[PDB]
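Entry with cetuximab: notes follow.
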Amino acid sequence: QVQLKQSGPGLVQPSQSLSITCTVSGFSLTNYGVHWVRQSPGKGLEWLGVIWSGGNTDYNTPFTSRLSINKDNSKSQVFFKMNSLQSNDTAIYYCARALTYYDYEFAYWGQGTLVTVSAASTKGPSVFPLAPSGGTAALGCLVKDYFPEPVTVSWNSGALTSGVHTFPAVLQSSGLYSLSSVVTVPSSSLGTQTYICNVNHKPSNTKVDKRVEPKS
Amino acid sequence: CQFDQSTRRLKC
Amino acid sequence: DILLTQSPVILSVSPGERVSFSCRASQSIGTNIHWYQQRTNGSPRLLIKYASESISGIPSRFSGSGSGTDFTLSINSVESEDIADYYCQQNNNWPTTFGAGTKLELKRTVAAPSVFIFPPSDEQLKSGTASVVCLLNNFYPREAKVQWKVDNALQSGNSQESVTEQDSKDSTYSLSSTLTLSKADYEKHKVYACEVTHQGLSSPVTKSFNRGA
């Protein structure tokens, strides 16, 4: 199983540096290069650079002065660092591996790291119930006032997926995000089945498990 | 369209 | 660098149809083009390499063709699970570059929303703010109008909407509208209503609650 797992998302202050770790498994860094790609609103998909199996690096020309990539073969870790970030460096950053040691067809991707460049402060969410009261009931969790993105929401520790909708976050006029996650269930299940929304805001290490049930 | 990092989808 | 032009920007199609994506390079790149799919909240997924070569694990309905400057990604019978953005990539010339993407949208029959309203929790109220939420579930098309009325006064400027991407199983949308009020304003009024208009509704649907009931 070839896998690439990246470090978690978070905030970088303007003019400061971004560091991401890519831990690989199922192959050796002595046999394959690892590439870095980012995806931004302003420029879409953009290849940033590569560290080859032998340690050489190539960087895309606009980044040669502020990018450095290193690795530890023995730890299966690749280290990405980019200096002097500005607001428009906000993007999803990926590591990726090609099919062949020398090529650029990216068959394997990390899960991506959302990097937000902002002078603001990290803040964890409050989690409030959206409490129910045709035969189908809707319930949910309101995940309010957090920064930066993202938050993950699951229901019943991932066991409940059918009928779940987790909406895109909205930026409120306060500069903080909010989102809701909802699920529809049989109304006769509200007495005996427990419904828990599991909220994780990794930038602030805030985890909340919130039971949602009809109110008295 | 424009890429939206909250959904990883093009927003048009 | 090589510029890649993808067309159309939005590709709207009916399920079961053959669909074709265009990727055109600013100069000849031989067959050095690769294609990727990106689903909601996902990382890019390699579909086709070197214009036409298949990838292990990718459904057989995906294929590719072309050489020189004009390239085509094809899905021979599109499914709801194909809702995604599609990107081409060239690597005939350093540095490798990507196209801007084509968004694939799927047509389906009209479906009216199911509407649900949620009052603020007492937990939130002791923070000084009230969020009232209106849910429109599993509807098509995406266009819908949600109007808030508080004691029959139309609210303007204090709500925000969020819409999901198209669902990969049934091609519908859902929408959440959040009305934000100070606790003081919330406690001064009684009737809270969400009124929904949509192509699949012959007349508007109103869901409401009375504060303190």
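Lettering of chains proceeds alphabetically from A, tracking the sequence lines in order. By the numbers in the PDB entry, the shown part of chain A spans 1-133, 139-221. Following the PDB entry, chain B residues are numbered 1-12, in order. Chain C is numbered as in the PDB entry; shown residues: 1-213, in order.
The location of cetuximab, copies and all, is chains A and C.
Neither the backbone nor the side chain of C/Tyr86 has a heavy atom closer than 4.5 Å to any heavy atom of chain B. At cut-off 4.5 Å, the chain of cetuximab (chains A and C) with the highest number of heavy atom pairs with chain B is chain C. When heavy atoms are compared at a cutoff of 4.5 Å, B/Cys12 approaches chain C (cetuximab) solely by way of its side chain, counted from C-beta outward. Interface residue C/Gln38: backbone and side-chain heavy atoms are both found under 4.5 Å from chain B. Interface remark: C/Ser43 contributes backbone and side-chain atoms alike to the contact with chain B (heavy atom separation under 4.5 Å).
At 4.5 Å, heavy atom to atom, the residues around cetuximab (chains A and C) are B/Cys1, B/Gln2, B/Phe3, B/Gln5, B/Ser6, B/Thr7, B/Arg8, B/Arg9, B/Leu10, B/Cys12. The name for chain A in the entry is cetuximab Fab, heavy chain.
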